Engineer: 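Consider the structure of Acetylcholine-binding protein with (S)-(-)-nicotine bound.
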Amino acid sequence: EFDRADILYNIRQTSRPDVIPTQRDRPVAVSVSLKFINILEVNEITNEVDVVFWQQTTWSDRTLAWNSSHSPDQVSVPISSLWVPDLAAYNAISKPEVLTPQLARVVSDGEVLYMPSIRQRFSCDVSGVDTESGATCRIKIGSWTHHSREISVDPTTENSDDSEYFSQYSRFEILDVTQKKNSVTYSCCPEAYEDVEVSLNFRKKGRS
Amino acid sequence: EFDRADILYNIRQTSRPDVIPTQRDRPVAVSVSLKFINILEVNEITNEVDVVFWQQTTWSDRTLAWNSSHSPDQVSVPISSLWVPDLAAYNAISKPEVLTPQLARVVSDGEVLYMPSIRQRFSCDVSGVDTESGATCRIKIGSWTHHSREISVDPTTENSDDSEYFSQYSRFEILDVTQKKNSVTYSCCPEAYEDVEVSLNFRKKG
Amino acid sequence: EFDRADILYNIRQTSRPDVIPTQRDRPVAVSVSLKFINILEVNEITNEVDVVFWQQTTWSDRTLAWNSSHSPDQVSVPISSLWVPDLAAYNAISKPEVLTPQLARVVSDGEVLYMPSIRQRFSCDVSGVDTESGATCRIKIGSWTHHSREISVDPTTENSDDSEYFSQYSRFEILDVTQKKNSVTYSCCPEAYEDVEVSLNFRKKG
Amino acid sequence: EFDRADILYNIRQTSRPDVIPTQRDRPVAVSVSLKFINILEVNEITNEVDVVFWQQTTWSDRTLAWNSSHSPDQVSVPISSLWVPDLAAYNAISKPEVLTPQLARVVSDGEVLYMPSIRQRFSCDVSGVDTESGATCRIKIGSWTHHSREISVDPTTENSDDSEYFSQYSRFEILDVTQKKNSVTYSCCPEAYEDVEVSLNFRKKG
Amino acid sequence: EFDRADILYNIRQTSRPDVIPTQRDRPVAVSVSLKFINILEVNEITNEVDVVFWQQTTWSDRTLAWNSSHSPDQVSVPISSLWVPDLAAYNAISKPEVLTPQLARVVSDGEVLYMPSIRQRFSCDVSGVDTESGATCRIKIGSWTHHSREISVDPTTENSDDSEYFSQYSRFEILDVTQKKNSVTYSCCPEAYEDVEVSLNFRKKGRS
Ligand SMILES: CN1CCC[C@H]1c1cccnc1
Ligand SMILES: CN1CCC[C@H]1c1cccnc1
Ligand SMILES: CN1CCC[C@H]1c1cccnc1
Ligand SMILES: CN1CCC[C@H]1c1cccnc1
Ligand SMILES: CN1CCC[C@H]1c1cccnc1
């Protein structure tokens, strides 16, 4: 039997936050999904957008696991005590501003959910934002330093609505969100790195 | 008999800041209440507001308790030595800027009061800010990661006065502040998460 | 004979920066004085000012004391090794930007002087700033979490000119600086908290 | 046989982050190459530019090496656990804003690749930016404190296309990127310091 | 013989960074000299300037010394491991933005050179900036908390041109840099504090 204090103590003492939780030479499967909350600023001249999204991030780390047969089966853990995937947005032009407490939810089987609210600026196609078909801003996210044999990134499906959490008070409306996944070889390095491309189809609402 | 040094040493040494002070499998009851001090900027086109408020936050942590029959019965404690609720404003568009010393007041029975002055910008309904009925901006606050069996959130009880500490030098005036607690289920997760919705009814002076 | 290394070692090794240096039955007497250096921005529409001042802060901590019959009688100490009063400006709308090295001067009897240069923005009365009688901006400073029995705040007892070090290159000129102690209760808590109100009477130059 | 955990433990335990991995008194050869991603703001009046670039940095540190006959031959390491060259852009007018996770890739033979995305503002020649031949902004990068007997800086670009990773959505387009190795003695100090000058020839599209 | 690792270990283990390296009740002699790199913004209405300068700072700390008959005689050391003079500019209106790695160079006899590149804004006389005589902005630098028996501050000169490292792409040109030493008594305290005043004589380049 463990209480929350015991679980959290054991995790702090033994999770190796700098060690990717790879098992038998297989990639850590990371799921990412952006839930758009607001679009704060758009510039059709510069092709830049300022956006707030929840970055729902999910993966398994079995070194975190504990027998919860007589115990709580989930806890909140500061991310500084956990390994977290080194995800970056490749077309970000500002550093990610995390708006929320930096805590992940860890299940007793080792499943982790880290879902920060992030404000970040992007360079992307803003053309058509003012028309009915709208603009399509693509956001590319992947591990910065782990190639495909170490981290895979997936846009795991749901029925997950588009503007389920998007602000009704925004000047913009979301028409569609699609996720595409890619495998790229960069000039720097010989291995392929996976990314998810998130296409945000949106437009400016008219005053009426 | 303890002096302040002993109380604070004991809190610092046995601090478990990462551990939610859950007792008898009941949620930690957190009270929140926003005391509006200033509205610094409002944009009716973008529906954004920049606000300064004291986020009065209250809860009980029995692991902090000490016998105070012959001791001080209250101390100020760095929040880095305490568990603090992971509250977030859901419609915030900037990160909370804490303007005050990050100290909580702890009572010998384990009651904590943490009341930072916060500057933060929010996405909300700014329409009507210039009519007499004013605008109503809604701010939603709740635990980011603890569901309803772990953290409940409630309005601070004490009969809430609206303009109490609000700046007389602001360009805006407060007409009314109301609160409503909700219980919401999001698609990410199967459990319900509690929030308080704070409705700030305000208008431009003139 | 202690040398500076010994003094600073002893302070650092025994320092309890979390512990208010309450002397028996008494509030720690803190003296505060703002020496205005520059007024960088003024907005008469929003009633906001951006200011730079030296926050002269003085108090006694006898736990720091040492026998200096045959030793240096003063040293500079990082404030992270010292208890420091949790002062806040109640009408501040930005968090204090400290422009100087964060060192206090500690005398062998336990007297401490901490005098940071601070840039901060405030909400206050900017009306009349461009007139002959000028504007009067009031800045309210007090302990954020320590009530009247734990901290008292007074203006430094000197006659002194708080506009003495003000920049000659400023667009503004200071006409007068006055201070008044107040003591107030807040809805949150049953005790009185002390503050100093610093009234800065200033105007634009021609 | 070591697993990733062992490799990272061993590196962390013997991380000598402040020690330049000099061998027998001969300079650490550092390769630098800037991969331009975006040009965000250009001001022809002030001669200032705001740029985003991947700063591909490469060097060898044999103290990091491990036998990978039966082990992973590469790991990602927090740069806080590694010595990293003290490179600075001499004409930068803002501190480097690092946009990416601060991890370097370390090969079992001791080769290190650190490649942060950086946003930084520079002072340089913006004249002609809205002509056809374009502007040429020169960025000078070298070790801040290590002279030529301790750090050598070389452009290894490996010959990969200029506009390769540059945003197609930028307002600007890259015409050409060239590099020059320099060796400058400064008035302060008697030894020479190496730098690479990266010349970005770019324009506004039509 | 010590190697670099030994030197740095020994310094890390025994530097007392909060201890002023006073020897026998003498002041620590600190030399300061500003090498101007750029003038970014000037406002003649508000009397404010935004400047970039190398703040060349030099002093001796005998506790850092080591025998280098058969060892490297200089190392780079993080300033977090060293005592550094608590210098401040008295007319600065922003905090000193350090643009460079925060390393000092330490010689085996205990001489230290710390030379950060700093961007900072000042309140000073901007009048005359677009005439041929130019403006003269005075920058006052001294120890914040150490009086003259603990720290003296002294300007030092080289025969180099003041523009050696001034940007040729600035909108301003430097006409002259001079420096004065002062000893001032403030109201707070009974002791004299030393400062160096650095007078930057500059003007706007021809607009064409
Ligand atoms: C795959 N990353 C994305 C761009 C560069 C590359 C990389 C590789 C190794 C270390 N850092 C970055
Ligand atoms: C209640 N939170 C707000 C948005 C998602 C949710 C959540 C749940 C678990 C871990 N992180 C975030
Ligand atoms: C006197 N303080 C300033 C305003 C609220 C009050 C207070 C009391 C206890 C803890 N935090 C804040
Ligand atoms: C190469 N650096 C750039 C300018 C001065 C020089 C330097 C030398 C020693 C310590 N810091 C800086
Ligand atoms: C020399 N400094 C400049 C103004 C105040 C003074 C000072 C003295 C002691 C501690 N802090 C500041």
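Residue numbers begin at 1 in each chain, while the letters A, B, ... track the order of the sequences. Just so it is clear, the values below take in all heavy atoms, side chains as well, and ignore hydrogens, waters and symmetry mates. Note that ligands are numbered from 1 as they come in the structure, with each ligand's atoms numbered from 1 the same way.
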Engineer: Counting only non-hydrogen atoms strictly under 4.0 Å, which other chains reach (S)-(-)-nicotine (ligand 3)?
Structural biologist: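 Chains with a heavy atom that close: B, C.
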Engineer: Show me which atoms of (S)-(-)-nicotine (ligand 3) lie under 4.0 Å from any heavy atom of C:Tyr90.
Structural biologist: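 Those of (S)-(-)-nicotine (ligand 3) that fall under 4.0 Å from C:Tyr90 are 1 (C), 2 (N), 3 (C).
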Engineer: What protein heavy atom sits nearest atom 5 (C) of (S)-(-)-nicotine (ligand 3), and how far away is it?
Structural biologist: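 Result: B:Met115 CE, 3.9 Å.
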Engineer: Nearest heavy atom to atom 7 (C) of (S)-(-)-nicotine (ligand 3) wins, so pick from C:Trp144, B:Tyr165, C:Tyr186.
Structural biologist: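 Heavy atom nearest to atom 7 (C) of (S)-(-)-nicotine (ligand 3) belongs to C:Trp144.
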Engineer: Under 3.5 Å between any N/O of C:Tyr193 and any N/O of (S)-(-)-nicotine (ligand 3): does that happen in this structure?
Structural biologist: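 No.
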Engineer: Can you figure out which UniProt domain of chain C lines most of the contact region for (S)-(-)-nicotine (ligand 3)?
Structural biologist: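 Most contacts sit in UniProt domain Ig-like.
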Engineer: Among all protein heavy atoms in this structure, tell me which lies nearest to atom 9 (C) of (S)-(-)-nicotine (ligand 3), with the distance rounded to 0.1 Å.
Structural biologist: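 Here the closest protein heavy atom is B:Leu113 CD2, 3.7 Å.
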Engineer: Record the part of C:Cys189 in heavy-atom contact with (S)-(-)-nicotine (ligand 3) below 4.0 Å; permitted values are side chain, backbone, both and neither.
Structural biologist: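 The answer is the side chain.
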Engineer: Report all residues and nucleotides of other chains within 4.0 Å of (S)-(-)-nicotine (ligand 3) (non-hydrogen atoms).
Structural biologist: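 Heavy-atom contacts: B:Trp54, B:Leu113, B:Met115, C:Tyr90, C:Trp144, C:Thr145, C:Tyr186, C:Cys189, C:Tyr193.
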